[PDB]
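Chain letters run A, B, ... following the sequence lines, proteins first and then strands; every chain starts at 1. Order of listing sets the numbers, starting from 1, for every ligand and every atom in it.
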Amino acid sequence: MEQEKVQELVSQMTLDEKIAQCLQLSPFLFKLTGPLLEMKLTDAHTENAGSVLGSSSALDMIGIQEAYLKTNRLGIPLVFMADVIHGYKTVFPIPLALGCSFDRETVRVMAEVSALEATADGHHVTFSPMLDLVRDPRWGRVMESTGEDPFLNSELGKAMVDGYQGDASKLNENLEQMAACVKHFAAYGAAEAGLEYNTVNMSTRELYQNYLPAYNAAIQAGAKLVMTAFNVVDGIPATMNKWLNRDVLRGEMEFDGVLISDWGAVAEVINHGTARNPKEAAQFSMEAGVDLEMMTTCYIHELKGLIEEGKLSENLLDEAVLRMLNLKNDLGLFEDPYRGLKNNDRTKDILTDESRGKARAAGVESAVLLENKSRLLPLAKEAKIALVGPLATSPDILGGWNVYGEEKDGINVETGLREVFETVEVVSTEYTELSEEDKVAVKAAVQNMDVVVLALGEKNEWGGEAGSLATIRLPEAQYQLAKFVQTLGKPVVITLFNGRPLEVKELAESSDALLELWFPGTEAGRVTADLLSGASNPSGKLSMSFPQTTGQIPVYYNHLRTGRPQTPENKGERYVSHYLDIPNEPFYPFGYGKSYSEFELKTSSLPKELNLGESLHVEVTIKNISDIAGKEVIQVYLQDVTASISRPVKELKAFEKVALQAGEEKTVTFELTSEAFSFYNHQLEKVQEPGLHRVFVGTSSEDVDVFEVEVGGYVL
Amino acid sequence: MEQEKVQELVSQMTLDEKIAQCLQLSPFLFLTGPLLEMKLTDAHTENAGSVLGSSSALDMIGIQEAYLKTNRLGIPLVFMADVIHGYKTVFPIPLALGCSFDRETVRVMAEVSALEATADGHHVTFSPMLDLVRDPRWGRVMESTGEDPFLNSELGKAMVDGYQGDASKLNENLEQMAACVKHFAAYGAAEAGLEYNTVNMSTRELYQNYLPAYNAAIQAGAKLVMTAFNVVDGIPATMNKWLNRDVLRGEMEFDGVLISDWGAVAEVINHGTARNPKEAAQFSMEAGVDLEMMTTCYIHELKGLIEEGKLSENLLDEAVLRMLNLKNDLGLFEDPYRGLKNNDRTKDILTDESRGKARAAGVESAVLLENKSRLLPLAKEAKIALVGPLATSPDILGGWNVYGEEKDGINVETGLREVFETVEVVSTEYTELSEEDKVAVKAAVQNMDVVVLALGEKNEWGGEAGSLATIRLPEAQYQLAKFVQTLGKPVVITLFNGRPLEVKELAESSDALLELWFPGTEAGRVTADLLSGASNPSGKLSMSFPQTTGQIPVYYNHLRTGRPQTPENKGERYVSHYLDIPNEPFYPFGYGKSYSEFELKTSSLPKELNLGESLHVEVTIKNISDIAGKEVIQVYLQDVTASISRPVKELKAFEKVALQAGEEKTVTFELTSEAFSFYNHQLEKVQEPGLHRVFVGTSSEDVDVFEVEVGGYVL
Ligand SMILES: OC[C@H]1CNC[C@@H](O)[C@@H]1O
Ligand SMILES: OC[C@H]1CNC[C@@H](O)[C@@H]1O
Ligand SMILES: [Mg+2]
Ligand SMILES: [Mg+2]
């Protein structure tokens, strides 16, 4: 409807209505993803509630919205939000696995299928993408990030927004698309010691340099909402951090949508010690520009008094309400509140076979082949497989942050494998035990067969929100099982399922091959069977570093040099940055992964010199020199050798996953704009300095050729 | 000499002499870091400003003599040294001294340290180390007094006072020496405990927690400051103009010699914030570094910088004047040999009085962690199986022991045989447990009645560039403790180490556990007196002992978070917790045991206070046992609501109280309004009205709690 008619609705609402418009509730409070409050809610509140989160189906939505609209004075429908993180009913790989795809289109398609399905079940908004930079795999929520690189995260974040939303300015018309909500603003992933909800602290320069850019990229691509974070940012809970949410989010990032609090985050500023009571919480959150309080009541019980007493301007409340109605209008809810459903059952769009094929393709793009000694893999279709371990038959392959997908529709590893291989003998074991009976049964299966598929992994409940692990290891009984299997003298493939980097040194050393499938989602067992038999060829690269040991954390590829770097020419000298007991290198680095193919790359002649403000054009010719078709991820990194700030030894600035038939050769070009060469300085200005840069072209952060470009002269 | 004659000397120096006055070299050029080709000339070494690392009185005299024969103007060298926790008489490592909670014990260590060092010709000590530490992977935790800014501040002042005494009389008091505060700033926050690694935190947090101990040492009159190896907000400290000009010289009104850490001027290159030695030199001198340690950026580049007009020579004169003013503060222009030349002071080194002082530090600094069922003290006739890698190892002096010698130290066996009549020793290796060790251990335990299991680190596993990713003893030591437990006899573990360690397995496999750290020269007597009860353990933890490596960083002064774990939400899902460990460290800050038992009570406090007013806290303590001992009364404040999320507690006062059996005492603390203040969002030091809780007790966990509402007017 016209902007004038929306603006008129704000004029017409009472104070109590405007207040309750800023409240979101779970469906069970209308006629959980967070702890529950005595909310002292009344009909006056529920009947003017702004939003519902967590509806369980289309029927739930229609029932709630109809009842609500019978009894709402002005005809303002509810907006319905949901956690669709890595799929709705067709579950795709967890986002950390999608990070490892290095494939923007895989990520967009995931989001598009997610939206297709979620809009079918009544959902208008998804609480995705999660754009938190992660350097600490103790934290359970790494599974939700695409990993340790700002650039990759930025790029995949835009891909998710574009997939969920399409053209943002046509969400009133395109009703298989939905609104994206960027979370969690900001820097939540830096939780101290990987402990859930724990203190975050870094300098404002670092926040800008590495922690904000991905939210910013998603905002600038048109993400309709932003969600606040649970953590302090420089000592102030993000939810009532005026500087962060007014100066940065609304000012510098020019964000003009709805700012929804995370679950109880408005009330929690009390626990955090930056508000004495719900009256103070409310005032501070509304001053900071939080528009929508998720499942707490500080606003409804306190805004009136704050405004009547003059401690808060009612203009702040009117702008929140206006952003709330503008959203609803952007989704076309004033002309169709059921958003395509009312007369048109879309159950047919949910869990189609086409969608399953897309999830499966996502799986095989995202898995990461870490070891493959002696061309153990791919296996022949007639290989006789002993399939053993806690992930042989476990249906727990859909991953964390799976609110809507069902395990009964998922494909386990055994089922996946029997579709492809004629001879399979299974011995399932428990996640945390290794009994003598297990060992006898394992030994018999392995004696019968020719190759072992050892299926190891985490339960998904060991990560996600409030799934922090101090030691990033599998249960010891799984390391014992891999050590037992190894004594049996048959080649072993370990297929590892998990949601965070783990200490995998002992697994790599106890097996011939190691494949990291993360949690692929609905099609897990087929993803696994296709990669193992070679129908698909592994093409994923690590988006997060796999530490030598828990105590190496944080370790990441974009790290600073220090004043005493370890060089191969000072090996064994005492006075160098090193540990006494481990290497400085992570066990597996960012951008690392194997293939059944072999590639050669050649970078075209680059200029020695470049002007400031000028783009560097990087041309790369890649050939598949093997007889197996496959995909390689070309990666381009930049380093700034001398700067007014100590800059990282490398930073990814471009990537492209190139598909190549056997013998096939392609050329790809990359533009590194002058923004790629820029950084935040001491005074927090985004700057470009004359000087030397090194450009690295290759297939990991370690397997690269190096080139020198001198930037100076005049400015373009 | 008079200020005018100093100033005049600067006026009379040539440019090359001014440049070279800002160079410090090791004795061999007339090691505590890597060496460069320095391309040094006679003109360089004849005008050098300073020597570090002289190895005796004679070395120094030799060097000053030769040097003074060729220096054109008669400007003597100043000699600096690493005297960190002792010279020849070695005291406990500073982390152990932290656990003393005893200011006076720390001042004496420092006084004895100066007494000895000045005897060997040293004018300056690169002590105190005042880096806040929250990460025990870092080897240099041994050199800090631990995780608390206040305790570090307080003990930091104690050390400055002990080395220096009256700073205005260092030309007169020749048994005292200049202190150099290090490492400015925040070096201890190295990422993942990796040596020299990135440091990053918000400026507010730098002010709130990382800066105050350096500041307290500066205000107490520390004569020098040393730069740190790490970046601070992305810029190597050494060339960090903001840090060194604005904060150090401006806010902290520091007006002495700023010395670089070893090669740190040149290493800004590696850090990537200077292209080359000319850039390094220019930026370090801008930042106000007066003395380049054992690199040559200044020597080879200041001239060209100045002539080219990229640097003003006034910055150089300012650096030179500071150098001369130190020498003059130390009295070198009247006596270049600083009391040595005719008065030989060998007599003052390693005396028995000094030894008794180090033993005393030892018994003040050890921490008794477990003592199940009155195993300790042991009866002097107790028959002891003494086993393990620290049974006989002479490696008990600690890291950062440049000058002390192991032959003069007392090992655990020797200490023990002085007190106990029956001891059977079985020495094992630090990283192995052989079948043969086990047969020999089994037989000694069978013979005796109680096991003294002596476990520990070699000192080379910490100190500078002694980072461990996993904070555990060699697995063979935990195996040994497990084996001993199976033999059925009571076990005391005496643990020797320079860092917090995962000791849950050691506490569970033993009846008593005593943390000696590295006590120094008297280690074996320290151990023997505590075990026999001649001394009663009185140390408390100045650093938290994590449940596991993966808990790090864990510390008592932590923020609440938005979802704190409360007793009334246990095992609920949505609370800050780990799935596999508790939130609490294995042992907390301020924890430790005694063979006595104490009762405390706090007199009535006001419910309200004016802004700017002090809270006066009166505490009556009684020893209610038959055993004389000491307790450390500790007072914490919390700021329940503030414009910045504040820690759940912060230490603001402590006093170690000595009590005979039955004795009772009253001690009063003043908490000034500054103890109620903190750094805000805009980096202002502030006091806000509101509620504070006050906690009085004997650890961060064993406390009574009292509320005070601050507001009203300002005093
Ligand atoms: O369910 C809504 C939200 C709850 N708290 C954590 C968020 O990631 C989630 O979207
Ligand atoms: O030896 C002098 C200096 C060397 N580098 C580290 C410092 O702590 C030390 O005092
Ligand atoms: Mg540069
Ligand atoms: Mg307060």
**Prompt:** Drug at ligand 1: what is it called?
**Reply:** afegostat
**Asked** Which bound partner of afegostat (ligand 1) is the main one by contact count, according to the PDB entry?
**Response** Lin1840 protein
**Prompt:** Using a heavy-atom cut-off of 4.0 Å, which other chains touch afegostat (ligand 1)?
**Reply:** A
**Asked** Under 4.0 Å, heavy atom to atom, what does afegostat (ligand 1) touch in the other chains?
**Response** A:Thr33, A:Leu53, A:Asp83, A:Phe127, A:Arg141, A:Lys183, A:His184, A:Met227, A:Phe230, A:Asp262, A:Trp263, A:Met294, A:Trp401, A:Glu465
**Asked** Going by distance only, is there an N or O of A:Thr33 that falls short of 3.5 Å from an N or O of afegostat (ligand 1)?
**Response** yes
**Message:** Test your reading of the structure: does A:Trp401 have an N or O sitting under 3.5 Å from an N or O of afegostat (ligand 1)?
**Reply:** no
**Message:** To check your reading of the model: name the closest protein heavy atom to atom 2 (C) of afegostat (ligand 1), its residue, and the distance in Å.
**Reply:** A:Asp83 OD2, 3.4 Å
**Asked** Going by the order shown, which atoms of afegostat (ligand 1) are within less than 4.0 Å of some heavy atom of A:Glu465?
**Response** 5 (N), 6 (C)
**Prompt:** Which species does the PDB give for chain A?
**Reply:** Listeria innocua serovar 6a (strain CLIP 11262)
**Asked** Considering only heavy atoms of A:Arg141, which atoms of afegostat (ligand 1) have at least one such atom less than 4.0 Å away?
**Response** 6 (C), 7 (C), 8 (O)
**Request:** Would you mind listing which atoms of afegostat (ligand 1) come within a distance below 4.0 Å of any non-hydrogen atom of A:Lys183?
**Result:** 7 (C), 8 (O), 9 (C), 10 (O)
**Asked** For atom 7 (C) of afegostat (ligand 1), which protein heavy atom lies nearest, and how many Å away is it?
**Response** A:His184 NE2, 3.4 Å
**Item:** Atom indices of afegostat (ligand 1), in the order listed, that fall short of 4.0 Å to a heavy atom of A:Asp262
**Value:** 3 (C), 4 (C), 5 (N), 6 (C), 7 (C)
